[PDB]
Undergrad: 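Here it is: the structure, laid out below.
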Amino acid sequence: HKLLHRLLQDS
Amino acid sequence: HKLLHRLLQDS
Amino acid sequence: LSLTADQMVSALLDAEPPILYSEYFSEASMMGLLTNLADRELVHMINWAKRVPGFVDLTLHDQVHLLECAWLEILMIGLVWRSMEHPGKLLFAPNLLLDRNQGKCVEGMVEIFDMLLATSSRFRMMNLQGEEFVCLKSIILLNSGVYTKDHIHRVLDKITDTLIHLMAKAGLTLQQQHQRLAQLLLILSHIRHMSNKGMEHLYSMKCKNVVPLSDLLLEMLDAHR
Amino acid sequence: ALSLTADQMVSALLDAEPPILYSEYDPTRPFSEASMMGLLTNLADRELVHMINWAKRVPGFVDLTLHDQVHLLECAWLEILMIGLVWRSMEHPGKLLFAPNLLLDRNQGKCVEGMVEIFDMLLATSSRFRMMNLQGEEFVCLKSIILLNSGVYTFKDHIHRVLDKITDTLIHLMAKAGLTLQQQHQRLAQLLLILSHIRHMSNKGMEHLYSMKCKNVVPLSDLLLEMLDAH
Ligand SMILES: C[C@]12CC[C@@H]3c4ccc(O)cc4CC[C@H]3[C@@H]1CC[C@@H]2O
Ligand SMILES: C[C@]12CC[C@@H]3c4ccc(O)cc4CC[C@H]3[C@@H]1CC[C@@H]2O
């Protein structure tokens, strides 16, 4: 997955 | 003159 | 200007350009047909522009600027309107109704086809009316190059008034009128996007001598770089 | 969500606002094309991190699949950076306030090949905002509209309902400000038409950034590389 997809999950 | 310029006046 | 809403609608309807035909496929032949059609439509577009209330009150420099800026947006919103009652297809001309997959015949074209089809779908979902469509097309002409002034902002306000008039006449509540106005104008952002993309595609086709392009079309393309 | 009133919508959006960040501007040296691009992209990258967390606070956004969240941000990110820039710059005629320590005019934009044309468009938009007397509450509505709208016809109803709620909210703001009924729909249209221009600027900016990459003018972060790649 794209970096953004992970970054979007950091809460 | 670009075409446009004339056409814009052609009646 | 001193037109009533209905007067503005009738004037815009009267001013509509004709629907042109194509000829009764490799990359070169499809691009040939599409660019030949575009060139012929452009000549009628210039006449139509002169009938959009307020346009000829502008200087010649400004008239040229607005058309050079807006021409592909205007071809595209026309195409999308023509295509509305043809889900999955683009009605470039009555004898040139292309399915989505025929876009694959030209490098880079299917992505643009998909954007156009999505727009046509959106119009269909909204049940866009012809009277609304001609208002939108005039707004594109007057808006797309206007920051790059006041008489034009007055004419733009009048077209907004005209859109709202149409929606009130259709029985929409105030809330529904404002929501629909916003929905329609947001589609113009998408039409701009498609035009930006289409312009780069045409440029690329120009560089490759894929296709002979007319002088007019070369000058209109040229205005964008 | 769809439940929010207009005042609750405005408050949510105002609360969600990202901070104004500083650039790494080094006043001990003149600019080069490379160093100016370095400054701008370094700034963009740090703003993007705040943007991701801001988007998650926009009503309705976090309800979307992660894929749709990715798509909307990939589509809108430069539009969102630009409308922020134009807003920051409103009270600085002739200048772009990229950061409080990075306030540039069109002559400084000439330092990067192809940039002054984009600076000129951004400055014109700032002027337009100024002339319209754009309000902060209107600005945050427009910025949220860009996030939800720009990628929506690359794919639905849910987004459209939130977009309608923001429309209600804009009209509410204008009414509360004393605009006549006709003035309300005229201003709504004027504001939304500027989004056409912001799209145009983003597309030109994206092509410019791509050129810079492709000429090895500046190293781009993984995030910017992938944002740029999405286009
Ligand atoms: C400009 C292109 C050729 C002409 C096409 C056309 C031709 C006629 C018309 O009415 C609309 C359109 C929109 C899409 C245009 C194409 C998008 C890319 C391609 O280069
Ligand atoms: C994308 C560019 C670098 C980053 C710039 C930026 C950087 C930060 C910011 O808040 C806004 C903008 C808008 C203009 C952008 C530039 C337009 C072209 C240039 O490549």
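Naming convention: chains lettered A, B, ... in sequence-line order (proteins, then strands); numbering from 1 in each chain. Note that ligands are numbered from 1 as they come in the structure, with each ligand's atoms numbered from 1 the same way. Quick check of the header: X-ray crystallography, 1.5 Å. These numbers come from the heavy atoms of this one structure, side chains and all, not from hydrogens, waters or symmetry mates.
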Undergrad: For ligand 2, which chain gives the most heavy-atom pairs within 4.5 Å, and what name does UniProt use for it?
TA: Estrogen receptor
Undergrad: Would you happen to know which of pentostatin, estradiol, ataluren is at ligand 2?
TA: estradiol
Undergrad: Which chain letters come up when looking for other chains with a heavy atom under 4.0 Å from estradiol (ligand 2)?
TA: D
Undergrad: Define the binding site of estradiol (ligand 2) with a non-hydrogen cut-off of 4.0 Å.
TA: D:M37, D:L40, D:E47, D:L81, D:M82, D:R88, D:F98, D:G205, D:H208, D:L209
Undergrad: Just want to see if estradiol (ligand 2) lands near the annotated pocket: which residues UniProt lists as binding 17beta-estradiol in chain D have a heavy atom under 4.0 Å from it?
TA: D:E47, D:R88, D:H208
Undergrad: Any idea which protein heavy atom is nearest atom 1 (C) of estradiol (ligand 2), and the distance to it?
TA: D:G205 O, 3.9 Å
Undergrad: Could you tell me whether atom 6 (C) of estradiol (ligand 2) has at least one protein heavy atom nearer than 4.0 Å?
TA: yes
Undergrad: Could you check atom 12 (C) of estradiol (ligand 2) against the protein and tell me its nearest heavy-atom contact, residue, atom and distance included?
TA: D:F98 CE2, 3.7 Å
Undergrad: Any N/O of D:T41 closer than 3.5 Å to an N/O of estradiol (ligand 2)?
TA: no
Undergrad: Name the closest protein heavy atom to atom 13 (C) of estradiol (ligand 2), giving the residue it belongs to and the distance to 0.1 Å.
TA: D:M82 CG, 3.8 Å
Undergrad: Source organism for chain D according to the entry?
TA: Homo sapiens
Undergrad: Any idea which UniProt domain of chain D makes up most of the interface with estradiol (ligand 2)?
TA: NR LBD
Undergrad: Below 4.0 angstrom, counting only protein heavy atoms, does anything approach atom 19 (C) of estradiol (ligand 2)?
TA: yes
Undergrad: Return the residue, atom name and 0.1 Å-rounded distance of the protein heavy atom closest to atom 9 (C) of estradiol (ligand 2).
TA: D:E47 OE1, 3.3 Å
Undergrad: Please could you name the atoms of estradiol (ligand 2) that D:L209 approaches to less than 4.0 Å, counting only its heavy atoms?
TA: 20 (O)
Undergrad: Among all the protein's non-hydrogen atoms, which is closest to atom 15 (C) of estradiol (ligand 2), and how far away is it?
TA: D:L78 CD1, 4.2 Å
